[PDB]
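Overview of a structure with methotrexate.
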Amino acid sequence: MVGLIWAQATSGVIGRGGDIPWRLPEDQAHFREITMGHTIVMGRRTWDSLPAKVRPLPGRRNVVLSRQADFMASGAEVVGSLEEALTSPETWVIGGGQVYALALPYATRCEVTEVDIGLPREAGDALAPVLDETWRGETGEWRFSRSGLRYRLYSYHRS
Ligand SMILES: NC(=O)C1=CN([C@@H]2O[C@H](COP(=O)(O)OP(=O)(O)OC[C@H]3O[C@@H](n4cnc5c(N)ncnc54)[C@H](OP(=O)(O)O)[C@@H]3O)[C@@H](O)[C@H]2O)C=CC1
Ligand SMILES: CN(Cc1cnc2nc(N)nc(N)c2n1)c1ccc(C(=O)N[C@@H](CCC(=O)O)C(=O)O)cc1
């Protein structure tokens, strides 16, 4: 089972200038809840973006995709292809735009956080993959975060 987990603005934007363009700590808690105890797969840029205090993310087997020979990621497994990355039975792909695109075909679950923020797409932005009709979804109720942003969770699946 390969799942993808991401937080996106309603417009599909998930990253800009190498960072996530909003603050929503409740989404980080959700992320932890979903991924804890499992293998997580991320692109090298997503690895770089992790704050040092949680790089690697604790309690999870961190796997980082890179095309670089001896890319160095302490506390993580560096791999050069998706096949070497997606070997675990319960894998969560945690970003970024490139890796979500790459991994979507291997996925059977998506855990999406929609952030109700006006953020029109700009050239060069990292974007969420677009889910077609092979996916069945369940939409959660809107919630307000302490940051003032409304947000909701979506759980998608396909067999
Ligand atoms: N809102 C959210 O939920 C999340 C948002 N993000 C955001 O996403 C952005 C980063 O996304 P993006 O720029 O797309 O980068 P990625 O994190 O997807 O990393 C891309 C890197 O992964 C490696 N890579 C890609 N394809 C392959 C392949 N086929 N084989 C081997 N290595 C491969 C390369 O590493 P190399 O260059 O080393 O070869 C490439 O540069 C940031 O802005 C981040 O904040 C990230 C996670 C979650
Ligand atoms: C930059 N980044 C990538 C990140 C952020 N939010 C996401 N949110 C979702 N829904 N999905 C992702 N893949 C995702 N990835 C980060 C930054 C911090 C932590 C982080 O501190 N996390 C702690 C928990 C912290 C909290 O519980 O507020 C964890 O143990 O998972 C996670 C990912």
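By the numbers in the PDB entry, the shown part of chain A spans 1-159. Whatever order the structure lists them in is the order used to number ligands and atoms, beginning at 1.
- Taking every instance into account, the structure holds methotrexate at ligand 2.
- In this structure, the main binding partner of methotrexate (ligand 2), as named in UniProt, is Dihydrofolate reductase.
- By chain and number, the binding site of methotrexate (ligand 2) (heavy atoms under 4.0 Å) reads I5, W6, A7, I20, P25, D27, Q28, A29, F31, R32, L50, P51, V54, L57, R60, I94, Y100, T113.
- Distance from atom 14 (C) of methotrexate (ligand 2) to its nearest protein heavy atom, with residue and atom name: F31 CD1, 3.7 Å.
- According to UniProt's substrate-binding annotation of chain A, the residues with a heavy atom under 4.0 Å from methotrexate (ligand 2) are as follows: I5, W6, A7, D27, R32, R60, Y100, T113.
- In summary, the atoms of methotrexate (ligand 2) found under 4.0 Å from a heavy atom of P25, numbered by their order in the structure, are 28 (O).
- Looking at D27 next to methotrexate (ligand 2), an N or O pair under 3.5 Å apart turns up.
- Near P51, meaning under 4.0 Å from one of its heavy atoms, methotrexate (ligand 2) places the atoms 17 (C), 18 (C).
- Each of the following atoms of methotrexate (ligand 2) lies closer than 4.0 Å to a heavy atom of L50: 2 (N), 16 (C), 33 (C).
- Every atom of methotrexate (ligand 2) is numbered from 1 in the order shown, and the set under 4.0 Å from a heavy atom of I20 is 4 (C), 5 (C), 6 (N).
- The shortest contact between atom 23 (C) of methotrexate (ligand 2) and any protein heavy atom is with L57 CD2, 4.4 Å.
- Per UniProt, the domain of chain A home to most contacts with methotrexate (ligand 2) is dhfr.
- Set against the non-hydrogen atoms of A29, the atoms of methotrexate (ligand 2) under 4.0 Å away are 26 (C), 27 (O).
- Protein heavy atom in closest approach to atom 21 (O) of methotrexate (ligand 2): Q28 OE1, 3.6 Å.
- The NADP(+)-binding residues of chain A named by UniProt that have a heavy atom under 4.0 Å from methotrexate (ligand 2) are exactly: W6, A7, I94.
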